[PDB]
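The structure described below contains lamivudine triphosphate.
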Amino acid sequence: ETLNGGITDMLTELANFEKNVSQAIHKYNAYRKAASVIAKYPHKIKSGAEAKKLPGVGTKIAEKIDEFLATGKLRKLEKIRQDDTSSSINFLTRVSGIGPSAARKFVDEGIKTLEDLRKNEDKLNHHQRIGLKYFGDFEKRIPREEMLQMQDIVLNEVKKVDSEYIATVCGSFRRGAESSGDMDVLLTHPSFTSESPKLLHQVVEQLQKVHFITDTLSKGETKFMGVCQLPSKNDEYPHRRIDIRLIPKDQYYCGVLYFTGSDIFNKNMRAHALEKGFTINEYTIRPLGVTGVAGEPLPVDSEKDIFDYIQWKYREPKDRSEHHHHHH
DNA sequence: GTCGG
DNA sequence: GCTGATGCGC
DNA sequence: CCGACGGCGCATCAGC
Ligand SMILES: Nc1ccn([C@@H]2CS[C@H](COP(=O)(O)OP(=O)(O)OP(=O)(O)O)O2)c(=O)n1
Ligand SMILES: [Cl-]
Ligand SMILES: [Cl-]
Ligand SMILES: [Mn+2]
Ligand SMILES: [Mn+2]
Ligand SMILES: [Mn+2]
Ligand SMILES: [Mn+2]
Ligand SMILES: [Mn+2]
Ligand SMILES: [Mn+2]
Ligand code: NA
Ligand code: NA
Ligand code: NA
Ligand code: NA
Ligand code: NA
């Protein structure tokens, strides 16, 4: 049903291999950019030289596309699929907190399966231990109905802590997705500005007291990463990833732009900002110094002002998701 | 792996 | 302590 | 060994 789905799946799989096995994050990012520009292309790709016209597809991917169109497979991928070490390394990196490095370490020490991982809980740090505990739950996506229920608990508890907080659910939810991988809550409070608690900790602690937050992956002064769960209906819902991030109140628009994603959109926007002579992060957009210090932050009164600076047409959150096209 | 310089 | 990497996460 | 590639929080380490 997906136009060019065979091609985009091949490139994604190559991506994951370069990240997890090769530890080559820019090759990962290259395959992702290629899968992405191909996914958004509104025609069926006839040949490698056709895909090559797209930014991000070059000689080597063009050849893989010719091989794939011609044979229905890619020998490079068949060999990777046959490498049990590579397969186990890929699998282990699905646990939150285990990356390419840890994964290879565990596999080299003979941990190759989920059971093997469970038997070796003592090798895992806290984050990894919690990732493992909820591995099955974290594989499932969250229906938007349940995201609405989750949003209701979060906003009500935050308002009980202090009515000056504003919490906004971002990520895929704000982009209008019909399901989400986690819940991203952007939080502000007038006591925390770029110039100026316990602000985050008070919120987290209140969510724990009402048994909504069940576990913590990591937690600092400005960012919480953890686990939550909706109250059961009779006798249970899966446990869910939740990210909460306090951002400076005077820097809300850069913050919400960031927290809305998608991942690929944000990166592409920042790459286009560099080309135009700016640097964008979640707090500011700044001109690049002739030296190599960014200069003073530019004024921003809306999401659109950020786009304007880098000469990009404004996109509504729903148009910042990745998309694909279909065939009959 | 792709691209720009 | 601070700075700057390394790993891993949004 | 062309070098850059988006950018930063939290956890941790190395060097000072
Ligand atoms: N590589 C990345 C990853 C995330 N981000 C930011 C962090 S906050 C925002 C949303 O990140 P998430 O990882 O929750 O993704 P989405 O909400 O798009 O999807 P799901 O959670 O999978 O529904 O994008 C980024 O700028 N670069
Ligand atoms: Cl790389
Ligand atoms: Cl900044
Ligand atoms: Mn579809
Ligand atoms: Mn398109
Ligand atoms: Mn062993
Ligand atoms: Mn999300
Ligand atoms: Mn998230
Ligand atoms: Mn551009
Ligand atoms: Na190209
Ligand atoms: Na191997
Ligand atoms: Na992981
Ligand atoms: Na053990
Ligand atoms: Na569960």
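Sequence lines set the chain letters: A, B, ... in the order given, protein chains first and strands last, and positions in each chain run from 1. One-based numbering, in listed order, for ligands and for the atoms of each. What you see below is based on every heavy atom in this structure, not just the backbone, and it leaves out hydrogens, waters and symmetry mates. So how was this one determined? The header says X-ray crystallography, 2.0 Å.
Put simply, copies of lamivudine triphosphate show up as ligand 1. Looking only at contacts, the largest set of contacts to lamivudine triphosphate comes from what the PDB entry names DNA polymerase beta.
With heavy atoms closer than 4.0 Å, the chains neighbouring lamivudine triphosphate read A, C, D. At 4.0 Å, heavy atom to atom, the residues around lamivudine triphosphate are A:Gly171, A:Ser172, A:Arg175, A:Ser180, A:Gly181, A:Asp182, A:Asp184, A:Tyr258, A:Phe259, A:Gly261, A:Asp263, A:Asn266, C:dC10, D:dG6. For lamivudine triphosphate and A:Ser180, the ligand atoms under 4.0 Å from any heavy atom of the residue are 23 (O). Name assigned to DNA chain C in the entry: 10- MER primer. In this structure, atom 15 (O) of lamivudine triphosphate has no protein heavy-atom contact shorter than 4.0 Å.
Taking UniProt's list of Mg(2+)-binding residues in chain A, a heavy atom lies under 4.0 Å from lamivudine triphosphate for A:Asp182, A:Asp184. Measured by non-hydrogen atoms, the distance from lamivudine triphosphate falls under 4.0 Å for these UniProt dGTP-binding residues of chain A: A:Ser172, A:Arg175, A:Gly181, A:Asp182, A:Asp184. Taking every heavy atom of A:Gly181 and a limit of under 4.0 angstrom, the matching atoms of lamivudine triphosphate come to 20 (P), 21 (O), 22 (O), 23 (O).
Below 4.0 Å from lamivudine triphosphate sit the other ligands and ions ligand 7 (manganese (II) ion), ligand 8 (manganese (II) ion). Close approach of lamivudine triphosphate to A:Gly171 (heavy-atom distance below 4.0 Å) involves ligand atoms 17 (O).
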